[PDB]
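Enoyl-[acyl-carrier-protein] reductase [NADH], liganded with triclosan.
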Amino acid sequence: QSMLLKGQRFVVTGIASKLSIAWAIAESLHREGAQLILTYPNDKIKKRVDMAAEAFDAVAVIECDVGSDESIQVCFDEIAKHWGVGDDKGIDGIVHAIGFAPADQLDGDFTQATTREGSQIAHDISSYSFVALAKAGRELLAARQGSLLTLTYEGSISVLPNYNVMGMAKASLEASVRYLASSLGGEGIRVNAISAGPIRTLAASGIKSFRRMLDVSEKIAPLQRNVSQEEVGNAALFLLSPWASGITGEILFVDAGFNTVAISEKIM
Amino acid sequence: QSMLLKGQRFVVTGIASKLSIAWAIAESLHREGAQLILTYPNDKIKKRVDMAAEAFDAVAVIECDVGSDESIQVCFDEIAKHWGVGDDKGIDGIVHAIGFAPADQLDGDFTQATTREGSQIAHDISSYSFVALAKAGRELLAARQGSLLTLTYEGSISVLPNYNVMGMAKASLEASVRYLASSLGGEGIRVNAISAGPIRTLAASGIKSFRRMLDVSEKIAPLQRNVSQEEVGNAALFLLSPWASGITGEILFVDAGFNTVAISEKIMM
Amino acid sequence: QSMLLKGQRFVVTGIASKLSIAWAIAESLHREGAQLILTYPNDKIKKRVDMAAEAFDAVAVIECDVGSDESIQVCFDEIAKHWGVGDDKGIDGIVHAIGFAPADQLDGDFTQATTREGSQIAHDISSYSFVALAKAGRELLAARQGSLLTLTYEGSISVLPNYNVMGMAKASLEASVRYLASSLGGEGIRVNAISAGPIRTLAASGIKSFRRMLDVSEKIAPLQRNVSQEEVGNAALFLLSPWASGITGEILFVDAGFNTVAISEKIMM
Amino acid sequence: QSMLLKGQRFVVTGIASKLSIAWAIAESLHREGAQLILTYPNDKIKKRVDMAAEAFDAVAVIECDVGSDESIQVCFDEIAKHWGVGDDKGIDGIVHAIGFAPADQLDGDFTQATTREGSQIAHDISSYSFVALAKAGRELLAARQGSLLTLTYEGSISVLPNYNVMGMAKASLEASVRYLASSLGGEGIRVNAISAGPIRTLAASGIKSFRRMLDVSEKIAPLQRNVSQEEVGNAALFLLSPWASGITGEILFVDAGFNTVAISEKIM
Ligand SMILES: NC(=O)c1ccc[n+]([C@@H]2O[C@H](COP(=O)([O-])OP(=O)(O)OC[C@H]3O[C@@H](n4cnc5c(N)ncnc54)[C@H](O)[C@@H]3O)[C@@H](O)[C@H]2O)c1
Ligand SMILES: NC(=O)c1ccc[n+]([C@@H]2O[C@H](COP(=O)([O-])OP(=O)(O)OC[C@H]3O[C@@H](n4cnc5c(N)ncnc54)[C@H](O)[C@@H]3O)[C@@H](O)[C@H]2O)c1
Ligand SMILES: NC(=O)c1ccc[n+]([C@@H]2O[C@H](COP(=O)([O-])OP(=O)(O)OC[C@H]3O[C@@H](n4cnc5c(N)ncnc54)[C@H](O)[C@@H]3O)[C@@H](O)[C@H]2O)c1
Ligand SMILES: NC(=O)c1ccc[n+]([C@@H]2O[C@H](COP(=O)([O-])OP(=O)(O)OC[C@H]3O[C@@H](n4cnc5c(N)ncnc54)[C@H](O)[C@@H]3O)[C@@H](O)[C@H]2O)c1
Ligand SMILES: Oc1cc(Cl)ccc1Oc1ccc(Cl)cc1Cl
Ligand SMILES: Oc1cc(Cl)ccc1Oc1ccc(Cl)cc1Cl
Ligand SMILES: Oc1cc(Cl)ccc1Oc1ccc(Cl)cc1Cl
Ligand SMILES: Oc1cc(Cl)ccc1Oc1ccc(Cl)cc1Cl
Ligand SMILES: [Ca+2]
Ligand SMILES: [Ca+2]
């Protein structure tokens, strides 16, 4: 409870449950005195975004299915009504916390499991959607010299069992972080990612052997534990804050050091 | 002219002209005594693949538009007729040398220029196609314990003007190199990539400011020059050869050292 | 002026002038309500550390030449007197902001300029010193579950003119960040680095063509500018703070995005 | 047995036994028709270098303790007698296959085990020695537009138990690959490294849990096995060959894919 984001405004995608990393990012931003707009992709998920809206006193709760150009365009329309008008216009940040590939893509042998359409959807929802948000948000961001933040996973650069086409999408996503940074930096907009360690979330639960992943990680990670959503929330807060004014194009690992260790006493 | 690939067989995609990197890869494999099957995506491009078939005495010239599952499945059917059968069955390698994004994606400001469909096509043709080839060729490869090779570019990990959506696709492609390696290694199949520096090819010609890119590169690269197609051909030959038996999941830079320099003396120029 | 480091304690090396990156790190920690101990390697430099002691109300100003095991051991003795004792014992962080190689190592052609002793001194003062601080400070750090922070430069992973032996030392330093993280993590100690872009500091001033380096950087960096000491100070504050509790072994670039660009439009200039 | 290095000359350091990676590199170069000069750091090790000299018909066997400027200067003196004179002067390559840190540095907890002098020696012998060879060899290399090759290990960029200060040295070494490449490229000299997976060698045997490292690696590596010295030999041959004319500053992993996998069914 400091007051680092007093009067700052953020759009937060990807809340699905109390376990969502985006939930904790919202919580961190709210704690620090920012105002929030929260998005949801459909009615089932709206139920849970509404709970988050209540807990964080969201300014609005707007539909945003990042699969639709119409949905995104309309969503940023609504946001502009609230935050695009009058004396203090603009937004300080947009949080992209959205991943999807069809479940079959992440079940078993990579070459067997990957399909043309699976790949298409994985890249579209998990990677292009970040640039889609940047396109719709550009002017709002430029007005306040805000930043974009996405979430990635080590699966982009190292192989983790079953991660498969999501690895291809995350690698694609991370390239976009760099291209957007180069594209938007001249307007004072920063673009960054957090590479989170494994955390029990709705999506996480869906991956074969994720539980085992969680166990192994704890035994590899220098801190001898996994990270919590709160720890990613705080790191996100930093990157979204004026304190990160010199940082763009950056991938920040929040994984208890996991990415730095090839083998531990897994040996034993 | 050594004889390092005597009696070995390779499928080579991506020949579009005498300037194609894939042309030089074919040339290197042929020089070393390998047999080739060459593929073409359409009739216009067949004209030039046929010239390469003549120069390299290709075993066959088969249609392969990597945008179509049908086209790929048919293509690897044809290749199975030639190479799938008998006591000598299998292929030693498949060379993926195919990139595409709609031209508009690579024209100016990244955020402005990138579109949902542009992205879709870029990843589909430039990245997924590599796994598509691995899927169709797996059995043929396993029979000889062959390898796959693709071509990437530094645009995956560093920003280069206009490269844009192709950078996203190349990053995706490189992740697939790693996933395919993990997936196919237990069947003795290796999967690798070459990150070539900039070279004047038909696709290269089409990128705004490519000529200028070429000029700056020459002044940044430790060897004070750009690489030729032949130098990529030779490196590809190595990775496709039994000499690279211990190497998989690898990205090998053939860029005269360009990727290792942040700034050169040019500090002046 | 928030109060994020209320009642936290930090040791800050590497203040040599008002321009030092370590000066701004001290300033950020003080601004946020932390107490500081500041170190100096010799009497000439003490003059400037004393000015920083006045501005930031340092708890103490202690000698610490990281070239001497004795000097370090004595220094951490003194700091233990102040901060080692009682129900509040321990330190929240140690800031390593020390680089040195003999000037001749950084003057021109790398192979010509690098010497056995130059290399020895560069690694000893620039890299081993970080583990030296971790060894002397381990117990104090563990008591509060604090962290170590060093400063590196892209010269470790990419070539920059004249950086030379300092590039070898920084690469070594970054490996130590990882080994220390692995070694100390089980005691709840985090170990991280900031890779700062180029900034006019006393050491920076001494590098041939640094001014030119600064000019090109500004034209390559996505933000179209260089960073200030303050921006490194703020990022350092974060990594030293409880907000970075889940982050260890990390190299965080604070360079306005410079490291992510291979070539900009400058293709022209 | 092709004839790719006909009439080419290479200096090969680091032969200590038949298990030395440098042994197999010599073997690969000889097989392909190159002539070799072999070096040894002292009399004990000379016994084994002499066996290699017999097997590969070395042109000379010269002393080179890379700890001494005198020793290196004298060594390259002798080499110049053989290969620096007359019509066809120069060398096509120098193979650096030398690592050392005092044994205590690699036994147990990194922070406990590392010492000021241990670090000094590790960097001096394992990293500076590569530039020392480049300095002494520059003119011989430039005459034939030869290349330098060193050997590194993933320990530089990822943590492996006990590798410790050798990790710091290897990271330093790899930076030197890049600096030397930049420095010498204008004279047509290339500079590269191979990052070999774990292989049973004299030095390897000396590291606590190396045997376990070997076991774990086999279960992580995509090829489901470790690499042999021969496979590194062949890759070294390529990098030292005219076929690698476009390649400088490169780290080439010869590790059966190990570096690319964060976790396998170590999970199981
Ligand atoms: N260990 C981990 O859980 C972990 C680690 C690193 C990265 N990540 C990344 O974190 C981000 C958030 O995921 P999470 O782990 O908190 O899981 P989660 O299930 O809480 O969040 C995933 C979100 O994606 C949203 N989404 C899916 N398709 C959408 C669409 N078409 N339009 C809009 N939203 C859509 C879902 O509604 C959901 O809120 C993802 O990008 C994920 O890949 C997760
Ligand atoms: N500087 C460079 O030229 C450079 C640098 C590194 C990477 N590469 C990569 O090397 C590969 C070859 O490109 P190039 O420079 O030799 O140019 P090129 O124009 O010769 O090759 C591109 C090839 O892709 C083919 N292709 C496009 N869509 C296809 C489809 N649907 N089905 C089948 N083939 C299709 C074209 O027919 C053509 O042969 C590409 O992956 C490219 O991105 C090029
Ligand atoms: N552009 C930049 O300025 C830049 C970029 C990134 C990295 N860094 C790193 O940041 C750190 C601080 O450098 P700076 O640029 O602020 O310059 P500076 O000249 O202010 O700092 C270098 C410091 O090292 C100290 N030092 C040297 N030998 C010492 C010894 N034996 N014992 C104790 N202290 C000793 C000097 O007293 C001085 O305070 C260094 O590690 C430097 O390499 C600087
Ligand atoms: N798994 C592995 O064995 C492995 C993997 C990757 C990297 N490497 C690297 O391979 C290289 C060769 O080592 P190896 O594994 O074949 O072991 P090895 O014991 O066969 O070779 C090490 C060599 O270093 C030499 N050396 C040590 N100090 C010297 C000095 N002062 N002057 C000259 N020579 C000196 C020794 O005489 C010996 O020949 C080393 O650089 C090593 O770090 C080894
Ligand atoms: O990327 C992730 C990485 C981890 Cl370790 C855990 C959860 C993740 O998030 C996802 C994983 C798969 C799918 Cl289909 C969608 C999402 Cl959001
Ligand atoms: O990847 C490349 C990199 C460079 Cl430097 C030059 C050409 C390249 O190849 C392409 C670039 C754009 C498109 Cl649309 C298609 C292809 Cl094949
Ligand atoms: O690492 C640095 C990087 C830059 Cl861009 C500028 C200054 C740096 O700091 C040093 C450079 C050389 C020496 Cl001898 C000592 C120090 Cl502190
Ligand atoms: O670097 C190596 C890496 C591995 Cl996995 C195995 C052996 C290696 O080589 C050495 C390791 C330690 C020391 Cl003291 C000296 C050398 Cl030559
Ligand atoms: Ca980082
Ligand atoms: Ca490589």
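Lettering follows sequence order; numbering is per chain, from 1. Each ligand, and each atom within it, is numbered from 1 in the order the structure gives. Computed from heavy atoms alone, side chains included, the values below leave out hydrogens, waters and symmetry copies.
The structure holds triclosan at ligands 5, 6, 7 and 8. Contact chains for triclosan (ligand 5) (heavy atom under 4.0 Å, other chains only): A. Distances from triclosan (ligand 5) to the non-hydrogen atoms of A:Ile207 include at least one value under 4.0 Å. For triclosan (ligand 5), the atoms lying closer than 4.0 Å to a non-hydrogen atom of A:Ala101 are 14 (Cl). When distances from atom 6 (C) of triclosan (ligand 5) to the protein are checked, a heavy atom turns up under 4.0 Å. In summary, the atoms of triclosan (ligand 5) found under 4.0 Å from a heavy atom of A:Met213, numbered by their order in the structure, are 5 (Cl). At a heavy-atom distance under 4.0 Å, only side-chain atoms of A:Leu106, from C-beta outward, approach triclosan (ligand 5).
Source organism (PDB) for chain A: Moraxella catarrhalis (strain BBH18). Considering backbone and side-chain N/O of A:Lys170, none are found under 3.5 Å from N/O of triclosan (ligand 5).
Proximity of A:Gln105 to triclosan (ligand 5) is not established, as no heavy-atom distance is less than 4.0 Å. Numbered from 1 in the order shown, with element, the atoms of triclosan (ligand 5) that lie under 4.0 Å from a heavy atom of A:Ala204 read 6 (C), 7 (C). Between A:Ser126, A:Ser156, A:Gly99, A:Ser20, it is A:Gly99 that holds the heavy atom closest to atom 17 (Cl) of triclosan (ligand 5). The shell of residues around triclosan (ligand 5) (heavy atoms under 4.0 Å) is A:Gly99, A:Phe100, A:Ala101, A:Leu106, A:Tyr153, A:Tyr163, A:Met166, A:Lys170, A:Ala203, A:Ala204, A:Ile207, A:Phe210, A:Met213.
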Which protein N or O atoms sit under 3.5 Å from any N or O of triclosan (ligand 5)? Give each pair with its distance.
from, atom 1, to, atom 2, distance (Å)
triclosan (ligand 5), 1 (O), A:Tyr163, OH, 2.5

